[PDB]
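Remarks on the structure that follows.
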Amino acid sequence: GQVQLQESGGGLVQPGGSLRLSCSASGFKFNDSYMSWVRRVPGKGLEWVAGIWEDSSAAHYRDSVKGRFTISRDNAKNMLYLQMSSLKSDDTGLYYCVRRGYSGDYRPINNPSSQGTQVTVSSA
Amino acid sequence: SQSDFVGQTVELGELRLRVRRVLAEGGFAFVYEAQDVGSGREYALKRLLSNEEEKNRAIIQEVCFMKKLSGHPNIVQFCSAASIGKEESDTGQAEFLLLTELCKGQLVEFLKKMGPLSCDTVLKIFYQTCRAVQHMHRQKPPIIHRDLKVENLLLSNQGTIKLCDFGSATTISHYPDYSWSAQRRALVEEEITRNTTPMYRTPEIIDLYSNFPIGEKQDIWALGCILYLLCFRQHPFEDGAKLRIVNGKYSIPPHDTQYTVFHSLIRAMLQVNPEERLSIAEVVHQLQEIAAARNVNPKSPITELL
Ligand SMILES: COc1cc2ncnc(Nc3ccc(F)c(Cl)c3)c2cc1OCCCN1CCOCC1
Ligand SMILES: COc1cc2ncnc(Nc3ccc(F)c(Cl)c3)c2cc1OCCCN1CCOCC1
């Protein structure tokens with residue numbers, strides 16, 4: 001199979017501000033895949049952020065983003081979305097969307113293939 | 001059907017696990033990929049449906065072993081376990097559930113997917129394996145794996161090696177004595193050969209008249225064969241000639257210049273007499289000096305396999 005994931009929506013954002021990421025899928029069945037957003041924080045590596053069930057029956061987040069973040073999806077257009085709010089400096093990183101969830105301490109199952117979109121929480 | 005169990009939701013304590021895939025088919029107990037609907041965390045789930053109390057107490061001891069070995073970076077992390085009485089089960093088959101962390105996959109899988117392996121790669125692979133064994137021998141009482149092969153070595157999501165299958169382990173050492181009758185030696189060999197496979201048999205479990213001790217040193221022999229396989233892409237006793245195992249008759253590739261640094265360890269681990277084999281501590285020490293003299297951190301993730 002060929003997996004084609006493409007993230008976008010990142011950029012220069014201010015502390016306490018908001019942002020909206022998106023991701024298009026192709027080459028597999030998006031309707032039969034638990035979808036996740038993962039981030040690559042500098043000096044830390046990769047970590048799992050948020051996840052959603054194939055039928056949106058359940059939404060999952062990491063403890064440091066619960067209440068502030070919101071994940072969603074649209075199976076008709078093969079689109080994944082991440083709504084970020086109250087962005088802290090710790091949320092700075094390179095964000096990807098992957099299939100499946102995580103294991104142990106927020107360590108993703110699938111290690112990104114796409115280029116990802118940059119999210120920088122800076123005070124100008 | 002064990003394959004029609006996919007799609008089911010299994011409740012294990014606070015966890016509500018959705019069975020997604022079949023990871024392994026062992027005939028007696030399938031291994032499934034499971035995901036909690038309340039957290040999204042994924043696991044590996046082993047499910048045993050059996051009435052035979054030998055398998056039942058085996059998986060019970062298997063659980064206790066993993067709890068003792070929990071928290072080690074080279075041993076697969078135990079999560080939870082549960083058993084259902086035969087009386088209360090849905091199929092009227094005693095149900096045992098075993099849940100551990102989910103890894104990327106078998107080392108063998110990520111081996112053939114990738115010229116040959118560099119000495120730094122073999123060094124990390126073998127060192128992280130020996131650390132796991134060392135941690136097992138450090139317990140009180142010590143834990144002997146007895147089933148050490150490349151098939152039981154997993155690659156974690158972090159890219160490090162995790163030792164997985166502890167069903168064959170034990171804490172009992174056996175010392176063939178003068179008081180061992182001729183038929184006791186006969187009964188024991190039957191019991192071993194029915195629970196083992198020819199190419200993985202050790203000299204001490206083939207000849208039961210040698211009075212060789214049968215305990216911890218078994219693992220060192222297995223580790224010796226692993227290091228050989230990591231370098232020369234073949235088991236040193238693959239064909240299963242029991243004449244060559246008991247006599248320790250194997251052959252290191254004559255003009256191999258690549259893995260020359262490992263020749264000392266291979267020869268020293270594949271000693272016919274268990275009392276002449278290196279201890280697990282001596283093995284780790286020599287590996288650490290090899291890593292120090294090669295400017296390599298042996299505990300670091302193996303990026304080449306990822
Ligand atoms: C995604 O890949 C795996 C992750 C795993 N993560 C954790 N544990 C595994 N095995 C395992 C081994 C023993 C046990 F008691 C339990 Cl509960 C689990 C795993 C086995 C996995 O694959 C199984 C390898 C068996 N393959 C099956 C296909 O053909 C080649 C042999
Ligand atoms: C690879 O598996 C084994 C290797 C062994 N290698 C050496 N010795 C074994 N047993 C044994 C038992 C009694 C004796 F007196 C002596 Cl000397 C040896 C062994 C038993 C082994 O299997 C024992 C049963 C393990 N199964 C695991 C799941 O199924 C039920 C129990």
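Here is how names work: the chains are called A, B, and so on, in the same order as the sequence lines, proteins then strands, and each is numbered from 1. Any value given below was found using the heavy atoms of this structure, including those in side chains, with hydrogens, waters and symmetry copies removed. As the structure lists them, so they are numbered: ligands from 1, and atoms in each ligand from 1.
- For ligand 1, the correct option among risperidone, gefitinib, elzovantinib, batimastat is gefitinib.
- Tallying contacts with gefitinib (ligand 1), the largest count belongs to the chain named in UniProt as Cyclin-G-associated kinase.
- Other chains in heavy-atom range of gefitinib (ligand 1) (under 4.0 Å): B.
- Of the protein's non-hydrogen atoms, B:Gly105 CA, 3.5 Å is the one closest to atom 2 (O) of gefitinib (ligand 1).
- The nearest heavy-atom contact from the protein to atom 12 (C) of gefitinib (ligand 1) is B:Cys164 SG, 4.0 Å.
- Assignment of B:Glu101 to the shell around gefitinib (ligand 1) is supported, since a heavy atom sits closer than 4.0 Å.
- When non-hydrogen atoms are compared, gefitinib (ligand 1) lies under 4.0 Å from neither the backbone nor the side chain of B:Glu109.
- Atoms of gefitinib (ligand 1) found under 4.0 Å from any heavy atom of B:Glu62 (numbered from 1 in listed order, with element): 15 (F).
- In this structure, the protein non-hydrogen atom closest to atom 1 (C) of gefitinib (ligand 1) is B:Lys104 O, 3.4 Å.
- Rounded to 1 Å, the minimal heavy-atom contact between gefitinib (ligand 1) and the UniProt active-site residues of chain B is with B:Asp147, 9 Å.
- Chain B: most residues in contact with gefitinib (ligand 1) are in UniProt domain Protein kinase.
- Of the protein's non-hydrogen atoms, the one nearest atom 19 (C) of gefitinib (ligand 1) is B:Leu154 CD1, 3.9 Å.
- Remark: minimum distance from atom 6 (N) of gefitinib (ligand 1) to any protein heavy atom is reached at B:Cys103 N, 3.1 Å.
- Distances from atom 22 (O) of gefitinib (ligand 1) to the heavy atoms of B:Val76, B:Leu23, B:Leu99 put B:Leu23 nearest.
- In this structure, atom 13 (C) of gefitinib (ligand 1) lies nearest to the protein heavy atom B:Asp165 OD2, 3.9 Å.
- Counting only heavy atoms, the protein never gets under 4.0 Å from atom 30 (C) of gefitinib (ligand 1).
- The shortest contact between atom 17 (Cl) of gefitinib (ligand 1) and any protein heavy atom is with B:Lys46 CB, 3.4 Å.
- Given atom 24 (C) of gefitinib (ligand 1), the protein heavy atom at minimum distance is B:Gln106 OE1, 3.5 Å.
- Which parts of gefitinib (ligand 1) touch B:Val31 is read off a 4.0 Å heavy-atom cut-off, strictly below it: atoms 18 (C).
- Residues touching gefitinib (ligand 1) within 4.0 Å, heavy atoms only: B:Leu23, B:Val31, B:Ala44, B:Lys46, B:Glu62, B:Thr100, B:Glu101, B:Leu102, B:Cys103, B:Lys104, B:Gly105, B:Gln106, B:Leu154, B:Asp165.
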